[PDB]
Amino acid sequence: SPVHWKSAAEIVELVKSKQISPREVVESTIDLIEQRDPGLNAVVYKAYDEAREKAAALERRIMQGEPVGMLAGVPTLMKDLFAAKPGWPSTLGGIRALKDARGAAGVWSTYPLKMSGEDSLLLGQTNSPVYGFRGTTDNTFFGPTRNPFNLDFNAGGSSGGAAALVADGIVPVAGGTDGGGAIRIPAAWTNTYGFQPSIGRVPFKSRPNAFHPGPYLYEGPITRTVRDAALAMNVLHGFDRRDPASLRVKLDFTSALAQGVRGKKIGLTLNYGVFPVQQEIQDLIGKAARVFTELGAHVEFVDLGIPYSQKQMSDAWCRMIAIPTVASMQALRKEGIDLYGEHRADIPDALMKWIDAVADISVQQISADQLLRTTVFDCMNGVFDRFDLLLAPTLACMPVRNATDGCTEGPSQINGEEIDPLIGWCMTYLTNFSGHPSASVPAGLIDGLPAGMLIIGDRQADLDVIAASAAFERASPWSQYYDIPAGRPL
Ligand SMILES: CC(=O)Nc1ccc(O)cc1
């Protein structure tokens with residue numbers, strides 16, 4: 001294959017130097033998807049002819065010396081969760097009742113708009129759980145997205161299809177969305193790099209309600225290299241007056257790749273003082289943290305002092321996400337797609353529990369959750385009063401086995417403590433409360449399966465996160481572990 005395992009940086013140079021046509025990039029990527037995706041079950045929509053059309057036009061511009069974009073010829077896919085691209089489907093993570101829906105003219109999600117704007121080629125959409133409402137990827141319409149490191153296990157979620165394609169070498173970058181960790185969760189379970197930007201760094205369009213009570217929502221890349229993530233972030237970030245959090249700031253993310261971390265003060269936590277975390281993960285992260293000490297950074301353990309239990313916090317997150325989920329379900333029912341009645345089977349019971357719970361949620365309850373959120377925000381800020389960076393495990397547990405009922409979920413206990421199987425073990429959701437940028441960096445393998453370390457920066461310190469990530473990547477590479485999916489039976 002001319003493109004299998006090639007980086008985005010490599011493909012851009014192959015295309016711009018005219019070593020390979022955009023046409024061949026598309027046909028070769030299609031070959032890989034048809035050959036390798038049957039096992040992964042990561043792709044839920046194929047836009048092959050559209051990509052072929054775009055490649056023909058890109059090829060003409062290249063041969064004629066007309067202007068081309070920063071990501072010219074890079075193949076990618078977007079996530080099927082609140083997906084908006086004209087003419088494309090949007091099933092909200094495998095809701096069968098929505099299978100015939102198609103995007104209206106002029107309405108775009110950020111990832112497909114901006115990536116295609118710089119001449120990346122969109123080949124289709126990737127699998128997500130229903131309404132993104134769990135840290136695994138499975139649903140009863142498309143099924144589970146499986147882990148390239150072991151297909152008996154789940155890829156993670158909700159951006160599981162995105163991470164699976166990237167970890168299997170099929171595309172160098174894929175788009176994720178993140179409301180409780182969905183860029184970072186599947187990255188951790190698949191040995192890939194998931195970058196969740198500062199709130200307001202990448203435009204997020206929430207309509208009809210831009211002022212909803214949900215957590216911070218992000219769009220961001222999943223890649224195999226930090227450089228590819230920096231390139232994608234150069235495209236994705238930027239001012240958009242229609243996002244009420246948007247930052248009117250221009251950055252060069254590639255400028256941070258060679259910065260290093262010498263002299264940086266780094267805080268370390270193994271469980272944020274409140275989560276049950278599998279011991280093997282704690283040990284791996286303790287080792288990973290010491291990589292920064294060899295690089296000239298000063299690392300020490302920190303206590304965030306979070307006064308809430310992890311169950312209180314996951315319950316609050318579920319209610320926060322459920323309110324806009326309910327708004328969507330009510331809107332759909334008004335347009336003739338009734339997920340409460342006729343198509344109730346399309347909604348997982350675990351989700352409907354929260355849908356029912358917030359149907360007439362009181363202002364007192366809304367307020368209590370906002371107070372919790374504020375407390376977590378301030379606990380995070382307390383760290384960045386004194387430290388440059390915070391390190392933690394991305395997740396409290398290793399990948400789970402796929403179920404056969406379309407409802408793969410996480411564990412309901414870790415170390416004998418009860419934990420919410422949908423999101424409780426996804427410690428990532430703290431930054432959806434707080435707004436800080438963070439990235440999941442591959443920390444190694446435990447019994448042949450990947451585990452991630454989360455690097456968190458100060459508010460708007462995206463470049464610090466990139467700098468630390470690239471430094472770690474150099475000193476503690478993870479690319480060798482791709483030998484496992486590269487050699488898997490097809
Ligand atoms: C795990 C997670 O982030 N889920 C999720 C992602 C996007 C969204 O809009 C709602 C929920």
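Numbers for residues simply follow the sequence, beginning at 1. Counting convention: from 1, in listed order, for ligands and their atoms alike. These numbers come from the heavy atoms of this one structure, side chains and all, not from hydrogens, waters or symmetry mates. Looking at the header, which is where the method is noted, we find X-ray crystallography, 1.7 Å.
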J.: Mind checking which chain ligand 1 touches most? I'd like its name from the PDB entry.
T.: Aryl acylamidase
J.: Help me out: which of paracetamol, desflurane, clonidine is at ligand 1?
T.: paracetamol
J.: What is the closest protein heavy atom to atom 7 (C) of paracetamol, and at what distance does it sit?
T.: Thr177 OG1, 3.4 Å
J.: Using distance alone, decide if paracetamol has a nitrogen or oxygen within less than 3.5 Å of any nitrogen or oxygen in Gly180.
T.: yes
J.: Looking at atom 4 (N) of paracetamol, what's its closest protein heavy atom, distance included?
T.: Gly132 O, 2.8 Å
J.: For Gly181, take its heavy atoms, then give the atoms of paracetamol lying under 4.0 Å from any of them.
T.: 3 (O)
J.: I'm curious which residues sit within 4.0 Å of paracetamol, going by heavy atoms - can you tell me?
T.: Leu81, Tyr131, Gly132, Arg134, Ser158, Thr177, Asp178, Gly179, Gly180, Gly181, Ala182, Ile423
J.: Taking a 3.5 Å cut-off between nitrogen or oxygen atoms, can you list every pair linking paracetamol to the protein, with distances?
T.:
from        : atom 1 : to     : atom 2 : distance (Å)
paracetamol : 3 (O)  : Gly179 : N      : 2.7
paracetamol : 3 (O)  : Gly180 : N      : 2.7
paracetamol : 3 (O)  : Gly181 : N      : 3.4
paracetamol : 3 (O)  : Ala182 : N      : 3.1
paracetamol : 4 (N)  : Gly132 : O      : 2.8
paracetamol : 4 (N)  : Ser158 : OG     : 3.4

